[PDB]
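Below: the structure, in structure tokens.
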Amino acid sequence: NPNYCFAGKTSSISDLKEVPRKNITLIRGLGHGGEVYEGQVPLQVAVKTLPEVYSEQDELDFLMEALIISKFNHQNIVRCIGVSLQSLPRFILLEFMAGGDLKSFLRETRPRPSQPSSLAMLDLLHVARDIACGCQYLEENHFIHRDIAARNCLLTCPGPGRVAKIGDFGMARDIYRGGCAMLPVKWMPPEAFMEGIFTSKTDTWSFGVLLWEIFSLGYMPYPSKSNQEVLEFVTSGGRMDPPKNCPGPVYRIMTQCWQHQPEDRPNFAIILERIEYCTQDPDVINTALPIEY
Ligand SMILES: C[C@@H](Oc1cc(-c2cnn(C3CCNCC3)c2)cnc1N)c1c(Cl)ccc(F)c1Cl
């Protein structure tokens, strides 16, 4: 079995905490991709399954992801409860995030003529703060996520106490051990998609796009552009306009995240400071979010 190194320590799949199959119950499907369920171990879990029809490479990839997540220790990264590997299909057990993924949440929770104050600017800033905090943790432990995006973030619950966490590490796992049309190029900086260069400044760019996802309330980035057009657009200096009703201080963070040169972009410590200043500015957090009719 493969070895993984994070922080100063080196681990092995054998080190994954095994949960006996008999203690695990599958309650319902959670919209599968492999399949994902809500489960109980009483501990409420999310269960990620490895399809049995998959081969050998996928099997190691699958466990590698549990190993990667298991070695993190931070409040804004989803916890791995353990694995169940001594029965088919293979299970990975994760902290259950009742709020679901961030993109769906945003789309489904957009203020309406009936619920105009469902979400406010401060809620968005706190989600952005949560994830920036997870990213800072990754950056200072020299881990590059490579796929920061709303679809890969989770919320603890729907309501006001919600905490956002980074949840999917499949891209990081892949590069660790494939096609053009499966690369998240709309979240990637030029040096990333042109040269395959990835640094912590790679994630800073992606976080800027996520910001935009957050303050658009779940729109797909670069609306009405294809990947190839975005690639040519961004390479040419093109950048997205502000989401609707987006305060200038928030947009300004996005545009700094999208500086063409990696060394001109902020590290996550700087992004956090700037996000916190936004939570202090009444002209930011008193701004009304748009309503779709
Ligand atoms: C692997 C899977 O794990 C979870 C899914 C979910 C989830 C998905 N959907 N829902 C809904 C359950 C019913 N109520 C609304 C949310 C919960 C919660 N916690 C998880 N750890 C997952 C998914 Cl499906 C999507 C994005 C992610 F970043 C992750 Cl990490």
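Counting from 1, the numbers follow the sequence of the chain as shown. What's counted below: heavy atoms across the whole structure, side chains too, no hydrogens, waters or symmetry copies. Just so you know, ligand 1 is whichever comes first in the structure, and atom 1 is the first atom listed for that ligand.
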| message | Mind checking something for me? Which chain has more close contacts with ligand 1 than the rest, going by UniProt? | response | ALK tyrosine kinase receptor
| message | So what drug did they put at ligand 1? | response | crizotinib
| task | Provide the binding site of crizotinib at 4.0 Å, counting non-hydrogen atoms only. | result | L30, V36, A46, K48, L94, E95, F96, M97, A98, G99, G100, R151, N152, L154, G167, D168
| query | In terms of atom number and element, which parts of crizotinib are under 4.0 angstrom from non-hydrogen atoms of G167? | reply | 28 (F), 30 (Cl)
| task | Write out the residue and atom name of the closest protein heavy atom to atom 26 (C) of crizotinib, then the distance separating them to 0.1 Å. | result | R151 O, 3.2 Å
| message | Just wondering, where does chain A come from, per the PDB? | response | Homo sapiens
| task | May I ask you to list the atoms of crizotinib that are less than 4.0 angstrom from any heavy atom of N152? | result | 28 (F)
| request: Find all atoms of crizotinib within a distance of less than 4.0 Å from any non-hydrogen atom belonging to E95, and give their numbers and elements. | output: 19 (N), 20 (C), 21 (N)
| Does the protein put any heavy atom within less than 4.0 Å of atom 29 (C) of crizotinib? | yes
| Who's the nearest protein heavy-atom neighbour of atom 18 (C) of crizotinib, and how far? | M97 O, 3.1 Å
| request: Go through crizotinib atom by atom and flag the ones less than 4.0 Å from a non-hydrogen atom of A46. | output: 4 (C), 19 (N), 20 (C), 21 (N)
| request: Name the UniProt domain of chain A that holds most residues in contact with crizotinib. | output: Protein kinase
| task | Pull out every atom of crizotinib sitting under 4.0 Å from any heavy atom of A98, numbered as shown with elements. | result | 14 (N), 15 (C), 16 (C)
| N/O to N/O below 3.5 Å, does that happen between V36 and crizotinib? | no
